[PDB]
Asks: 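Working on a deposited model featuring caffeine. Questions ahead.
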Amino acid sequence: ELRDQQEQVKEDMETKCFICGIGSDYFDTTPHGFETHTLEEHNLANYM
Amino acid sequence: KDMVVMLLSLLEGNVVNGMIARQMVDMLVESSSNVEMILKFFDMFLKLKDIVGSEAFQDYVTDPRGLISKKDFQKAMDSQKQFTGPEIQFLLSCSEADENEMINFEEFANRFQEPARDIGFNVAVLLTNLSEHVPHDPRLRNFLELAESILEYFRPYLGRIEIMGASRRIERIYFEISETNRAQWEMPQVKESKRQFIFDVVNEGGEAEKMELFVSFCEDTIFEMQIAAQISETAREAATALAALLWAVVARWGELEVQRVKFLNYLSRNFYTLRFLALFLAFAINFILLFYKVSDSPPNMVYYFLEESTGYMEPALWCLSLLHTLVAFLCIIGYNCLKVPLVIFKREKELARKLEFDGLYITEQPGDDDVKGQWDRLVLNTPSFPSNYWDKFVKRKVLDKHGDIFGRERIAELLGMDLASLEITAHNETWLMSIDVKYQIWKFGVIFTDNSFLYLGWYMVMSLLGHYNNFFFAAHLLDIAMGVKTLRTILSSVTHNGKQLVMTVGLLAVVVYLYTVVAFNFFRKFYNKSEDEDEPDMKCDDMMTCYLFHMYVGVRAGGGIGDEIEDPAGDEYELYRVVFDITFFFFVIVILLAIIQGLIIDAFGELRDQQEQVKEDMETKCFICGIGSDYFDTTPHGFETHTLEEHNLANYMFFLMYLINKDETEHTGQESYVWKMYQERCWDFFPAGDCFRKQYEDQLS
Amino acid sequence: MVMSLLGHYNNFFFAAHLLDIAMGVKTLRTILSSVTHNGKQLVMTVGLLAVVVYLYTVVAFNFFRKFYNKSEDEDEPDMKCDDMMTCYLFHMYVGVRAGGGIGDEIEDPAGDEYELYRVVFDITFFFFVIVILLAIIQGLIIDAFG
Amino acid sequence: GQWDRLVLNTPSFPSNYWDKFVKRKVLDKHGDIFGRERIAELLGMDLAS
Amino acid sequence: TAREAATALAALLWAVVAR
Ligand SMILES: Nc1ncnc2c1ncn2[C@@H]1O[C@H](COP(=O)(O)OP(=O)(O)OP(=O)(O)O)[C@@H](O)[C@H]1O
Ligand SMILES: Nc1ncnc2c1ncn2[C@@H]1O[C@H](COP(=O)(O)OP(=O)(O)OP(=O)(O)O)[C@@H](O)[C@H]1O
Ligand SMILES: Cn1c(=O)c2c(ncn2C)n(C)c1=O
Ligand SMILES: Cn1c(=O)c2c(ncn2C)n(C)c1=O
Ligand SMILES: [Ca+2]
Ligand SMILES: [Zn+2]
């Protein structure tokens with residue numbers, strides 16, 4: 001269960017944007033939606 | 001054919017309900033009798049071959065000459081009843097009669113087959129495109145109904161793709177798939193590569209990697225097809241029964257050059273069968289090996305062979321040793337001639353694309369981080385760098401691209417061409433001496449880099465050294481583990497959790513070492529494994545001996561360290577030792593060993609689950625355009641329609657090969673556009689989440 | 001019926017009719033069908049275990065013949081690992097069944113030659129053939145039933 | 001299929017099937033393509049007449 | 001059970017667990 005938790009942390013981080021919640025689903029229709037979204041639109045470091 | 005090509009090029013680019021398509025069908029109606037007559041001609045002369053090839057028509061043949069009379073001709077096509085009476089009369093008028101009222105069925109069928117193939121295909125393409133673009137056309141329904149047999153015959157050769165590249169509008173493109181392409185695609189040699197690629201690309205999961213590796217696999221598959229085309233054309237009884245059962249379950253001066261070529265083709269054709277039979281010989285030699293026995297003196301230890309019918313099997317091992325060695329060497333030659341070109345093509349393509357975009361040497365900073373990237377250096381200077389790759393102008397293209405910035409003369413000496421005079425002469429327009437050394441060093445270096453070739457080389461070393469000691473053929477028994485998929489997964493499960501496994505093994509070693517330290521510091525009195533009181537053997541007075549004994553006994557036994565410990569009854573430290581023994585049991589037997597076992601079995605379970613999930617995801621959604629089956633469960637038998645016609649995976653490689661084959665000036669607008677799009681190495685022509693139905697559901701009907 | 005008629009010839013044969021309980025109950029039917037559900041992987045796993053124990057027995061015959069004495073009496077030293085067939089049978093009968101490696105059966109090392117190599121061989125046999133193969137068989141069967 | 005070939009050319013072929021007229025349907029479907037005599041020999045029927 | 005074997009085992013263990 002612990003190992004599943006560390007795996008789920010990475011899975012949720014990669015399939016969902018932390019800043020705004022939903023992600024990689026509506027953006028997935030646009031090519032490279034999630035990558036651009038997390039690099040420019042909604043990024044954790046840019047808020048700090 | 002030129003007529004219909006012009007017509008369909010005129011129609012190209014139309015919307016679902018456009019004036020062009022409406023006028024198209026209106027004009028087709030305006031010549032209803034004429035187009036119907038043409039379609040009837042095609043239908044009759046196409047069903048002609050089906051009629052003639054049938055056994056029912058063959059039964060009416062009653063002449064050793066092989067020519068059928070006109071009366072029997074009419075009777076046969078009356079029995080078939082496919083052709084109407086006036087149609088049979090017209091066919092009789094068309095008969096190439098030899099003045100004896102006898103007509104050759106074979107010549108009559110074959111003569112009017114080759115010239116009409118292209119035009120029949122084009123007419124079928126036109127009719128299919130009109131039906132697809134404008135479904136609500138009652139007038140076109142009659143023409144489609146008359147175009148029944150022609151469409152069915154030309155359907156396997158026909159293929160449909162739905163790339164979107166113009167004005168963000170999805171459109172359909174049709175082309176001709178030759179019989180040779182599909183026939184060679186049906187070869188299971190490329191089918192296995194298809195399975196491996198469809199596993200690997202889904203395993204990777206990269207968004208752009210999908211299309212990138214798809215195109216890379218298409219290029220590699222085309223190269224493999226080229227290679228294939230160029231190369232084609234008592235206890236003994238129980239032990240014997242067990243071996244048979246195992247085998248059953250597991251199994252289920254120019255003349256010199258001509259001979260060399262024939263030998264290479266022979267080895268390349270049945271390399272896999274050669275490997276299988278080599279495995280069987282390894283089984284046989286190990287089985288024969290299973291009957292040895294040692295003795296004190298020869299018939300000075302002696303390894304002498306003894307069993308019933310020595311003449312059957314003692315020379316058998318002797319001859320099969322050499323036979324296995326020769327078979328394995330032929331296996332090396334076959335592997336060198338078969339698959340090494342494919343990997344060298346992969347590496348050449350990868351380095352060329354890196355040199356073009358990443359510009360590894362125009363920037364001249366490999367960094368020496370990767371040994372492969374460093375070894376990539378020697379081969380640029382060789383003129384024969386791009387020979388294996390289909391393109392050989394990548395060096396000149398990169399020169400023209402980036403020599404204005406980095407200096408043309410700088411990369412003139414780097415990329416291996418003689419000088420700018422070499423390109424000037426190119427624009428102007430013994431075999432031993434033609435061999436370039438550095439290219440060969442790079443070639444065999446990358447050959448010695450690949451894992452499969454080293455596995456086969458280790459096989460060579462073992463087979464050659466097996467004559468030094470016959471027991472060394474037991475190493476060749478590992479092909480079973482390296483063969484069938486289940487044992488390959490079993491072996492890979494060990495390496496899957498390598499980091500975790502080694503770390504927990506280290507943790508177990510740490511725990512046992514700490515327990516050894518405390519056992520020496522407190523309980524050195526109890527470790528008395530000796531029986532005779534005259535010469536006691538204290539198992540724990542030195543660190544190394546005590547630690548070795550712990551690692552050897554405490555973990556292995558399962559009961560704990562106390563099994564070999566003298567019973568602590570009625571003595572000091574009795575409770576301080578019962579605590580130590582119970583915590584040894586609870587921390588070394590029931591947890592850590594269980595942790596390792598669970599790690600191994602869960603790694604294997606995860607590997608099997610991922611293998612099943614690959615096949616599942618194969619069906620949940622189509623990976624070309626990233627569309628699920630939800631839109632097509634709304635209609636009966638829908639996802640099959642998508643896979644077969646809309647975004648079929650097999651038809652894309654046919655489309656690429658068809659683009660390669662025909663010349664540039666014959667490309668249509670869509671074909672030229674997709675050619676340019678691929679040449680730019682930008683992948684947006686793919687549907688990319690947009691199917692035709694998604695755009696045109698309103699008028700799809 | 002055939003077994004029942006055989007039973008009249010010898011009553012002992014009526015014991016084979018007790019297997020009908022398995023087909024009678026759904027749970028027992030699933031229990032027996034677990035073996036044949038994943039029998040493909042199980043057969044090759046058994047083959048792998050046989051291959052591994054064969055490698056270990058040929059290694060033992062090549063280098064460890066003098067540690068395989070099983071006869072307590074010194075008058076008649078019974079060399080269990082005297083021939084390939086006998087040594088392989090002895091391993092496949094005792095080592096896997098014991099569950100604690102072959103060290104329970106082989107005479108323990110007393111600091112003689114090959115002591116380090118002997119302990120490495122014994123520990124790797126224990127690991128590979130106990131913690132890996134038997135555990136995989138157990139997990140495969142229980143996971144198929146689950 | 002090799003074993004079920006044996007039950008084609010015998011009477012009372014649809015003993016348990018609801019439809020006892022499958023022979024006529026198979027005839028009317030495939031006799032034109034495969035010849036009436038061949039279908040008659042295969043299906044075990046006496047004759048088309 | 002000599003110095004060389006223990007040294008090699010400890011070196012391999014440290015090399016693995018260092019990273
Ligand atoms: N708000 C967010 N900030 C950062 N990453 C996010 C965010 N939301 C989603 N992600 C996803 O997490 C990924 C990065 O996560 P993480 O910090 O674990 O990776 P990293 O390996 O440290 O990053 P990188 O190698 O790109 O520097 C992003 O590429 C993106 O897919
Ligand atoms: N582009 C695609 N998108 C989604 N599914 C596809 C696509 N192309 C093929 N398929 C799937 O392929 C399946 C056919 O696979 P099948 O069981 O016939 O064997 P295969 O592994 O593809 O090998 P082969 O056809 O070469 O014998 C179809 O049922 C379909 O689901
Ligand atoms: C000859 N040829 C190929 O063989 C080829 C290709 N693209 C991929 N391949 C395999 N191109 C553009 C090409 O001209
Ligand atoms: C009389 N009958 C049947 O007996 C039958 C059937 N479908 C199945 N059976 C058994 N139909 C359609 C039918 O008409
Ligand atoms: Ca043109
Ligand atoms: Zn699609």
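A note on names: the letters A, B, ... follow the listed sequences, proteins ahead of strands, and every chain is numbered from 1. Looks like electron microscopy, 3.8 Å, at least that's what the header says. Cropped entry; intra-crop contacts only. Counting convention: from 1, in listed order, for ligands and their atoms alike.
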Asks: Specify every chain or ligand assigned to caffeine.
Replies: ligands 3 and 4
Asks: Tell me which chain touches caffeine (ligand 3) most, using the name in the PDB entry.
Replies: Ryanodine receptor 1
Asks: With a 4.0 Å cut-off on heavy-atom distances, which other chains neighbour caffeine (ligand 3)?
Replies: B
Asks: Check the UniProt transmembrane segments of chain B, counted from the N terminus, and report those with a heavy atom under 4.0 Å from caffeine (ligand 3).
Replies: none
